K.L.:
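So that we are looking at the same thing, I have put the structure below in structure tokens.
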2 protein chains.
Amino acid sequence: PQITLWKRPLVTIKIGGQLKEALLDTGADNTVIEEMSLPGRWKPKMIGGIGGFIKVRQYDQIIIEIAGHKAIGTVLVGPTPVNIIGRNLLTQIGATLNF
Amino acid sequence: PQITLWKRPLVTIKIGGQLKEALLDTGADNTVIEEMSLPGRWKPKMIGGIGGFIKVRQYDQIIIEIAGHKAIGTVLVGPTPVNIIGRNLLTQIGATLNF
Ligand SMILES: CC(C)CN(C[C@@H](O)[C@H](Cc1ccccc1)NC(=O)O[C@H]1CO[C@H]2OCC[C@H]21)S(=O)(=O)c1ccc(N)cc1
Ligand SMILES: [Cl-]
Ligand SMILES: [Cl-]
């Protein structure tokens, strides 16, 4: 796909068996999803942005299907106002910014 | 250019005669720059990111160079942790997301 940026670049993802909407976010180092359960071990992290920091759970080796493309990597879970797909998984689906 | 996302997509911007670095951010509706002086009047705006809301100063029709492309549009000024180029100016330079 080629996604213009007139609107928020939202896509459908599948994570933990669940279908969700998420923002493709080149400004995010890592993927951050709204509170949900995921399997396996986790450890706490703080992530910061405009407005300050939030505490998240870091889960490693999580598979997400993004717009029909499979990716694996770290997923942070916590009180983000929006589900964000960050660069750690955008790279795996071969996403680029072109102009 | 085609910019991959293994590293942060940082580019040089030029505003007010000054070079700065900024993050190309498809997850930002708005362009938000760290405190600096800009000409003209400003209007209030609140923007909401990961850890909460902040007040910023909204300046309209500001001339800004982004990775060597000219844009003229809205620039928000406030305590952002990094200079961010949002969709309002990414559309002006013709950026798309591709995968
Ligand atoms: C601010 C950047 C350095 C980092 N942010 C990614 C960014 O794209 C967020 C992502 C975002 C999007 C919506 C709500 C919260 C956060 N957008 C954002 O704060 O944009 C603000 C300016 O334009 C506005 O439109 C969106 C909110 C405003 S972040 O959400 O704080 C973030 C930080 C660390 C990680 N791992 C993941 C995400
Ligand atoms: Cl990862
Ligand atoms: Cl690559």
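Chains: lettered A, B, ... by order of sequence lines. So for chain A, numbering is the PDB entry's, and the shown residues are 1-99, in order. We number chain B the same way the PDB entry does; the residues here are 1-99, in that order. In each ligand, atom 1 is the first atom listed, and ligand 1 is the first ligand listed. Hydrogens, waters and symmetry mates are skipped; everything else that's a heavy atom, side chains included, is used. Header entry for method reads X-ray crystallography, 1.5 Å.
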K.L.:
Okay, next thing: the drug at ligand 1, what is it?
P.N.:
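PDB records call it darunavir.
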K.L.:
At the binding site of darunavir (ligand 1), which chain contributes the most contacts (name from the PDB entry)?
P.N.:
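It is bound most extensively to POL polyprotein.
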K.L.:
Return the chain letters whose heavy atoms come under 4.0 Å from darunavir (ligand 1), other chains only.
P.N.:
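Other chains with a heavy atom that close: A, B.
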K.L.:
N/O of A:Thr31 under 3.5 Å from N/O of darunavir (ligand 1), yes or no?
P.N.:
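It does not: no N or O of A:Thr31 is found under 3.5 Å from an N or O of darunavir (ligand 1).
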K.L.:
Could you see which bit of A:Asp25 sits under 4.0 Å from darunavir (ligand 1), with heavy atoms only: side chain, backbone, both or neither?
P.N.:
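The answer is the side chain of A:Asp25.
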K.L.:
Kindly confirm or rule out an N or O of B:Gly27 lying under 3.5 angstrom from an N or O of darunavir (ligand 1).
P.N.:
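Checking darunavir (ligand 1) against B:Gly27, an N or O pair does fall under 3.5 Å apart.
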K.L.:
Between B:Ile84 and darunavir (ligand 1), find which residue part has any heavy-atom pair under 4.0 Å and reply side chain, backbone, both or neither.
P.N.:
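B:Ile84 to darunavir (ligand 1): side-chain contact only, backbone stays beyond 4.0 Å.
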K.L.:
Please state whether A:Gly48 comes within less than 4.0 angstrom of darunavir (ligand 1), counting heavy atoms only.
P.N.:
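Contact check A:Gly48 vs darunavir (ligand 1): positive.
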K.L.:
Tell me whether A:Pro81 reaches darunavir (ligand 1) (any heavy atom closer than 4.0 angstrom to a ligand atom).
P.N.:
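Yes, A:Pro81 has heavy atoms under 4.0 Å from darunavir (ligand 1).
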K.L.:
What source species is given for chain B in the PDB entry?
P.N.:
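In the entry, the organism is Human immunodeficiency virus 1.
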K.L.:
Once you restrict to heavy atoms under 4.0 Å, what part of A:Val32 touches darunavir (ligand 1)? Side chain, backbone, both or neither.
P.N.:
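For A:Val32, the contact with darunavir (ligand 1) is made by the side chain alone.
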